[PDB]
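In the model that follows, one finds tigecycline.
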Amino acid sequence: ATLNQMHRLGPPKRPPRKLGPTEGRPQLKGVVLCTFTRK
Amino acid sequence: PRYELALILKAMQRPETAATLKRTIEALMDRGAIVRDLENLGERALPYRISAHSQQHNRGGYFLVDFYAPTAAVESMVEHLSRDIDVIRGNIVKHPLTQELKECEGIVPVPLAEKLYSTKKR
Amino acid sequence: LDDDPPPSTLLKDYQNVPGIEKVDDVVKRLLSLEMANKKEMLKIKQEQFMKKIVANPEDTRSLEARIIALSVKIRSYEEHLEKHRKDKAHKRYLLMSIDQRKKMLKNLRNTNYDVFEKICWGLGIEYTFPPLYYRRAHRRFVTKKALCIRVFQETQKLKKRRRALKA
Amino acid sequence: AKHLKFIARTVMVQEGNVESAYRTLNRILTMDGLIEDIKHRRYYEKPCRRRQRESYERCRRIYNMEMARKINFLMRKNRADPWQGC
Amino acid sequence: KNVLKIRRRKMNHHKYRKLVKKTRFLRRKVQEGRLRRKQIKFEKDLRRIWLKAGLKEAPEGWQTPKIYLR
RNA sequence: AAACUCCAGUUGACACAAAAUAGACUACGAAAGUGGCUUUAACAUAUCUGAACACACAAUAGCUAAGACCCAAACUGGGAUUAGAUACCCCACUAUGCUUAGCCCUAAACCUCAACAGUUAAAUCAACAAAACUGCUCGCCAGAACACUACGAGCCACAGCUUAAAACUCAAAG
RNA sequence: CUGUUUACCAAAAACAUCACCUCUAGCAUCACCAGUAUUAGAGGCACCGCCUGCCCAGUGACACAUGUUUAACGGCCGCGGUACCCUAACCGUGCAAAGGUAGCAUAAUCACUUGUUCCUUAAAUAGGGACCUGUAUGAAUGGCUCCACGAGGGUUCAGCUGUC
Ligand SMILES: C[NH+](C)c1cc(NC(=O)CNC(C)(C)C)c(O)c2c1C[C@H]1C[C@H]3[C@H]([NH+](C)C)C(O)=C(C(N)=O)C(=O)[C@@]3(O)C(O)=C1C2=O
Ligand SMILES: [K+]
Ligand SMILES: [K+]
Ligand SMILES: [K+]
Ligand SMILES: [K+]
Ligand SMILES: [Mg+2]
Ligand SMILES: [Mg+2]
Ligand SMILES: [Mg+2]
Ligand SMILES: [Mg+2]
Ligand SMILES: [Mg+2]
Ligand SMILES: [Mg+2]
Ligand SMILES: [Mg+2]
Ligand SMILES: [Mg+2]
Ligand SMILES: [Mg+2]
Ligand SMILES: [Mg+2]
Ligand SMILES: [Mg+2]
Ligand SMILES: [Mg+2]
Ligand SMILES: [Mg+2]
Ligand SMILES: [Mg+2]
Ligand SMILES: [Mg+2]
Ligand SMILES: [Mg+2]
Ligand SMILES: [Mg+2]
């Protein structure tokens with residue numbers, strides 16, 4: 001992009017970091033509902 | 001401006017051609033035309049059979065009308081000739097002598113075109 | 001505002017030819033606009049406007065003369081489209097000429113306001129200032145504002161009816 | 001046709017040599033393009049197809065005329081080798 | 001270039017057109033409810049205006065036109 | 001094969017359809033597009049760039065009426081082929097292609113190569129393609145796929161178009 | 001949709017109707033009409049929006065030379081088998097002029113049935129939304145949506161009350 005275009009647009013911002021299954025938590029506490037095997 | 005009426009008539013006898021030519025020249029004048037000259041190219045056989053006004057024509061008298069008229073007179077004169085049953089075919093064109101032929105310098109042979117492909121080993 | 005150029009006027013090329021007053025009556029109409037194309041009439045119209053407005057009649061490369069020449073074309077395109085309503089190519093030529101004139105007029109206005117005023121008067125051109133926001137007026141908008149204007153007018157007619165409450 | 005008959009595409013037979021007349025007729029029709037036109041006019045050739053074919057034939061004529069010009073230019077050098085042995 | 005990426009869009013589009021065809025009447029019923037909720041949402045907004053502008057009723061002679069109809 | 005047999009073949013009269021040759025030319029137009037003849041009108045801007053908050057256009061196909069009917073023709077019906085043949089082949093015929101008046105606004109709308117001003121000097125230069133580049137500006141892009149999608153919004157468009165995501169999935173895609 | 005009807009047990013969902021479409025007719029001195037196919041008659045259907053599929057064998061009309069015609073009367077398939085079951089994209093065979101298309105479907109419609117499920121009541125054989133799917137739903141005998149309207153039939157909040 002040109003300098004005028006690079007100015008008009010500004011910083012590259014950032015994709016808001018998507019949370020993980022743990023929701024950004026080191027660990028989580030759950031209650032076993034069922035136990036099975038998956039291939 | 002200057003025009004030319006390529007007028008093919010119905011290969012009639014002198015009284016009728018003179019009658020027909022006079023009609024056409026007046027109808028030009030009636031629409032504001034200044035008729036410059038009238039030429040007789042002669043009665044030839046038609047290059048092909050022309051069917052006009054419920055008749056099959058094989059011969060016809062060729063005439064030319066050199067005239068000046070206002071640009072609006074062309075459509076009116078074109079329509080007028082449509083209804084004359086003694087005209088086999090009539091076309092109005094810009095006069096060919098109005099255009100000045102530009103001086104030509106000569107045929108210049110075309111050199112083979114170059115640098116169409118990169119000079120890399122394929 | 002509807003002054004039509006006389007049709008008998010001689011061509012711009014044969015106007016100055018000396019001694020033309022002694023030619024035959026036929027020759028006069030062969031050298032007139034009657035026997036000429038529509039473009040020959042535009043040369044005369046441009047000549048008349050240029051001598052009326054432009055200070056130096058012979059200066060053709062001046063911003064003023066260009067606006068005159070461009071205004072005669074705009075006139076010629078508008079008449080062409082009056083008969084040929086679906087000539088989209090000439091419709092495009094008109095809208096581009098008009099924008100190029102506004103562009104010439106914006107420059108002249110900002111450089112020589114003196115002659116800018118002379119042009120706008122002689123050619124009947126009314127310079128308008130371009131709108132700021134070119135926004136589409138769809139229904140939802142065209143109704144919102146129409147209401148919001150009526151609401152404002154109603155609130156206006158409640159201060160009138162509250163200064164009469166101070167009484 | 002409104003034209004006169006027995007004028008166009010007409011060849012006279014000499015000494016009853018029909019084979020030679022029909023041959024010259026074929027040449028005339030081919031040399032003017034008629035034969036190839038009739039064959040291409042059997043089925044409609046769409047404008048995209050016509051342009052692809054005309055471009056191909058015109059690229060072909062150039063190449064063919066340039067190769068023919070190089071063959072004719074080098075034909076002189078097909079003579080016997082003058083330095084045979086070295 | 002191959003057309004492997006065109007062929008993906010080709011099938012996507014084909015399936016979508018067939019899907020719209022199969023459900024064009026279900027989709028029409030849903031679209032009618034949407035334009036209906038859309039007109040309500042429009043009126044609320046216009047209503048909100050004059051209520052915020054102190055007026056207790058719509059301006060005299062005002063009717064909210066049905067802009068989201070055919 | 002079915003089909004036609006009010007059909008074929010010479011000859012004559014006869015378009016509101018489409019425009020051999022020229023064209024081995026490379027012109028016009030902003031692009032779309034434009035190649036039978038005639039006439040009228042007519043092809044913006046005496047710096048450049050620039051509107052996805054605007055305007056005017058935009059092949060083909062479609063839609064709304066009103067006409068035209070030679071041919072070509074989706075659909076459809078027969079004949080054939082086939083394991084089937086909702087195709088490819090044959091015949092027939094329609095929407096449609098044409099005109100007029102409005103819509104619709106999409107293309108591999110691609111020469112996938114922006115406008116303007118310049119340079120062949122260097123180190124040309126990943127591959128291939130249509131050799132490598134400079135200045136300047138605008139417009140666009142930032143793994144794949146979900147997705148020419150959903151929601152929202154606008155639109156004469158109601159199976160439409162334009163804008164256009166996310167979740168789950170993958171370690172590749174290209 | 002306003003309208004219309006069984007004067008005296010039915011006012012209605014019945015009829016008409018704007019609209020759409022089919023049929024017939026090239027013409028004057030008494031209807032049509034002192035009109036002339038953008039007309040005028042005979043009918044269907046029912047504004048509008050989205051549509052109106054397939055069938056000309058039969059019966060009628062028209063052509064009566066092979067035929068044409070469904071917005072004419074009408075019609076619009078079976079028998080076996082195959083993914084646990086259900087169903088069959090699929091397979092076999094037969095039959096027809098065509099094999100019921102698009103839609104729509106627990107109801108002005110109803111075997112089972114007061115289906116099932118979601119709402120609704122404390123309680124629903126009611127009503128609404130869906131799903132199942134049609135003894136025998138279905139496209140101008142119009143099909144399906146929708147604004148407005150109705151002394152029409154039905155359901156209902158709140159209130160109201162001697163209806164109780
Ligand atoms: C006694 N049978 C013959 C019958 C009767 C009626 N109704 C009457 O008889 C009503 N009689 C009155 C008019 C009240 C006097 C019926 O209404 C029915 C049926 C048949 C069934 C068949 C059902 C069946 N399944 C789902 C159990 C089935 O497979 C079909 C089918 N088409 O193959 C059905 O459609 C079926 O569900 C059905 O609809 C039936 C009836 O409707
Ligand atoms: K009543
Ligand atoms: K019920
Ligand atoms: K229920
Ligand atoms: K009533
Ligand atoms: Mg009674
Ligand atoms: Mg009464
Ligand atoms: Mg009684
Ligand atoms: Mg009563
Ligand atoms: Mg009724
Ligand atoms: Mg209707
Ligand atoms: Mg029907
Ligand atoms: Mg069905
Ligand atoms: Mg229900
Ligand atoms: Mg029953
Ligand atoms: Mg049943
Ligand atoms: Mg039935
Ligand atoms: Mg019927
Ligand atoms: Mg109403
Ligand atoms: Mg009433
Ligand atoms: Mg009611
Ligand atoms: Mg109560």
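Every chain is numbered from 1 and lettered A, B, ... according to where its sequence line falls, protein lines coming before strand lines. For this deposited structure, the header notes the method as electron microscopy, 2.4 Å. A fraction of the deposited model is presented, and contact counting is confined to that fraction. Read the numbers this way: they start at 1 and go in the same order the structure lists the ligands and their atoms. Because only heavy atoms are used, hydrogens play no part in the values below, and waters and symmetry mates are left out as well, while side chains stay in.
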By ligand number or chain letter, where is each copy of tigecycline?
ligand 1
Count heavy-atom pairs within 4.5 Å of tigecycline for each chain, then name the one with the most as the PDB entry does.
16S mitochondrial rRNA
In this structure, which other chains have a heavy atom at a distance under 4.0 Å from tigecycline?
G
What residues sit within 4.0 Å of tigecycline, counting only heavy atoms?
G/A111, G/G134, G/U135
